[PDB]
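Caption: PDB structure containing mavacamten.
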Amino acid sequence: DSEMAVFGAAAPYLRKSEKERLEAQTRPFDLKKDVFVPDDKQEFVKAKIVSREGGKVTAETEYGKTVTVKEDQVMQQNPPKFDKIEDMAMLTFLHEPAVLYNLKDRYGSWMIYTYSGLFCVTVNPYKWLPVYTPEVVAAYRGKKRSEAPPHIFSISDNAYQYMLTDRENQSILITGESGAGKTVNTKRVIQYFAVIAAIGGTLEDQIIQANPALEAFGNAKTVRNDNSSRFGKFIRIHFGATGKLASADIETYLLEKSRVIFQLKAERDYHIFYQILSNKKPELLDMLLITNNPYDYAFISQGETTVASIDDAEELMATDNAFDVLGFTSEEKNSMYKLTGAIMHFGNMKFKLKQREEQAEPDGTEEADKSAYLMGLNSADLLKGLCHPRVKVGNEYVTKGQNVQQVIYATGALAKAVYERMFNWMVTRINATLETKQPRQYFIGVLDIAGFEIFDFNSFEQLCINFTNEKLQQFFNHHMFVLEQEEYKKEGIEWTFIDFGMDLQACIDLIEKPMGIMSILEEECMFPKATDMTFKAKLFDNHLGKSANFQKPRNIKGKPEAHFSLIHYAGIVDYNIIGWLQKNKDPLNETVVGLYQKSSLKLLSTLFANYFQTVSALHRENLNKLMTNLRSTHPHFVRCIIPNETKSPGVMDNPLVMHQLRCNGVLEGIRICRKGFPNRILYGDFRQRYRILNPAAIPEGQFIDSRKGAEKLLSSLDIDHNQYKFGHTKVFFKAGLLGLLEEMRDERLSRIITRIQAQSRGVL
Ligand SMILES: Nc1ncnc2c1ncn2[C@@H]1O[C@H](COP(=O)(O)OP(=O)(O)O)[C@@H](O)[C@H]1O
Ligand SMILES: CC(C)n1c(=O)cc(N[C@@H](C)c2ccccc2)[nH]c1=O
Ligand SMILES: [Mg+2]
């Protein structure tokens with residue numbers, strides 16, 4: 001394309017040049033001979049047929065191996081004009097290796113985005129490409145998918161075009177495992193709308209800073225990613241009737257609060273703890289009494305304290321500035337540092353047994369003094385209330401003396417709760433900005449849940465995020481395959497139902513329903529003498545041999561102990577039950593929480609102002625609230641693919657990519673676009689939009705039924721009359737026909753305006 005000059009230096013990474021296009025069309029190729037054949041180490045390899053034995057085929061691979069395969073299992077290659085094409089729905093042969101090798105060949109030229117009919121696939125580059133500069137934001141503005149190469153800016157503007165045209169709320173549903181590119185692609189959508197609203201500022205910059213401010217406190221280094229978002233996020237970008245940006249809401253779903261006090265080896269705590277320390281920043285290490293290196297503050301010192309990909313000194317100032325731009329006042333910004341400083345000291349407190357009483361006493365009090373000073377508490381009351389809490393059972397009060405191991409747990413639970421409530425506060429404080437009281441009518445909702453994880457030790461939080469991913473997959477499955485085909489039968493289109501097999505309700509019912517895994521947790525936390533082995537027994541008794549997705553654990557040697565295994569969509573996940581009743585119930589020491597309410601630090605008193613509704617129950621209802629509100633939107637999906645486990649750029653592993661293409665239903669999602677009628681318009685809206693293509697077809701002032709007008713109009717265009725169908729109230733278009741009708745509309749808008757201009761000369 002000669003128009004690629006508007007994309008500047010980004011152009012080689014968005015489209016192949018015409019110099020490369022002429023090489024593609026001049027490849028040696030025989031349509032009868034060039035085929036894909038399966039292989040073990042890499043899922044499919046290109047091959048050339050050398051002989052035929054009826055239903056058996058034998059072929060020579062790209063790597064010179066001989067192979068023999070059955071005729072149902074060998075799949076024709078696309079001819080070389082379909083090299084690296086931008087939308088895989090337009091291929092002539094559509095199958096697994098056609099999608100695999102089209103993505104691999106685009107990614108090998110660093111064209112990381114590809115369309116898949118109605119949705120887009122993103123393959124993670126471990127290299128910052130220049131395709132995201134604000135000249136490319138300008139270059140994507142108002143271009144259609146028929147024009148511009150695929151990009152996250154294309155999806156953003158396409159959703160924005162639907163929002164204004166349909167007058168319907170839109171959503172961008174970004175999906176993928178951990179390490180896939182979900183968070184930066186979220187940021188680019190947020191960058192796109194902000195810069196477009198700047199090209200038209202304070203709200204535009206603040207919306208951009210809202211991400212790195214939350215990343216300091218909400219992201220952490222994990223084995224799959226150095227910047228894993230330990231919280232799910234939904235961003236509603238709000239627009240007015242004229243389409244200009246008007247507000248944003250951030251909502252966050254479930255922070256991994258156990259990370260605050262516990263980390264596995266080979267992973268970090270949250271970035272905030274290490275970035276304060278690693279700059280050795282003179283003001284913060286004196287104000288927070290945290291003078292040391294990180295290996296002595298117990299809560300953060302386990303795991304890894306340094307990561308090569310992150311220069312914590314520069315990331316500190318980036319997020320310190322982020323809170324400045326978001327208008328956190330000096331006392332607020334200092335206070336939220338103070339609580340992170342206190343939490344570091346709060347894990348160093350030492351307790352010992354009193355010599356006869358089976359009761360804890362403080363062993364060392366210097367680190368409690370530091371904690372109480374920063375938290376504005378009284379240190380004597382803190383240590384007393386931590387060891388000897390008052391508990392009440394109606395009007396009866398009694399002191400229960402804590403043992404040394406369970407006062408340590410009480411310090412852990414309090415440290416988690418301060419951090420969680422401070423992170424929740426910070427979100428509400430970011431949403432105190434960004435709400436600008438400008439009027440709004442529509443939103444585009446960008447979702448970036450915590451992606452799917454399989455660790456060497458999976459716990460209750462890994463269950464919550466993997467459940468959240470499975471629900472969002474079933475949202476895709478229901479929208480693409482069930483709700484789509486219901487509308488064909490509802491409108492009376494000649495359609496016979498196709499079973500794609502993409503259904504997950506058996507595994508969601510195993511978790512959600514009132515006898516499922518989480519429903520056992522909400523009652524087993526209520527019985528005071530229940531235990532984790534009592535839970536595991538009741539869990540197995542209800543589900544082992546009664547749900548196909550609930551299996552016995554497969555403990556391989558060397559890996560830790562796991563107590564059951566779930567057959568999730570993205571893979572089998574083995575879960576350890578220890579602590580789940582405590583984690584679900586979340587009992588805080590009410591005496592020390594009473595000290596927190598009386599804190600001199602204005603933040604800490606606010607966090608615990610106002611403190612049956614277990615965290616699994618809250619999660620399930622927040623997630624069910626989300627997807628009911630999400631069904632009231634037009635969804636755009638972005639499939640983020642991690643190509644490679646080792647994080648090395650441009651390297652791509654075919655089994656790991658194919659696993660993600662299969663379980664995300666990518667091939668099926670294209671097939672319903674090719675087979676079905678993916679575009680459709682009400683006859684009233686069709687007449688409203690496209691009468692300009694042939695104004696003589698539908699003469700107005702006479703009454704005409706909307707169905708009767710549209711049926712006449714569509715025959716006169718000289719588009720293919722087989723590419724559309726008529727329903728009771730909608731016309732239904734095949735894959736490419738709306739893209740053709742829009743191009744026909746824009747050239748006819750261009751023709752009429754230039755002739756209006758010609759008349760504006762003709763009057764002179
Ligand atoms: N589009 C991209 N361009 C450049 N680097 C990327 C891109 N997508 C991902 N990466 C690399 O992968 C890292 C992790 O991606 P991220 O979005 O944080 O993962 P997740 O999908 O788990 O949210 C990024 O910080 C960066 O190093
Ligand atoms: C995704 C699909 C179901 N669809 C369409 O196929 C057309 C829609 N509306 C028309 C009026 C339109 C045409 C061109 C650009 C934007 C919107 N809406 C839609 O929702
Ligand atoms: Mg993330």
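The chain is numbered in sequence order, starting from 1. Per deposition record, electron microscopy, 2.9 Å. When a ligand or atom number is given, it counts from 1 through the structure's own listing order. No hydrogens, no waters, no symmetry mates; every other heavy atom, side chains included, goes into these values.
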Mapping of mavacamten to structure: ligand 2
Q) What is the name, according to the PDB entry, of the chain making the most contacts with mavacamten (ligand 2)? A) Myosin-7
According to the PDB, which organism is the source of chain A? Homo sapiens
Majority-contact UniProt domain of chain A for mavacamten (ligand 2):
Myosin motor
(message) Quick one: what's in the binding site of mavacamten (ligand 2) at 4.0 Å, using heavy-atom distances?
(response) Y162, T165, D166, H634, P678, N679, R680, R689, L738, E742
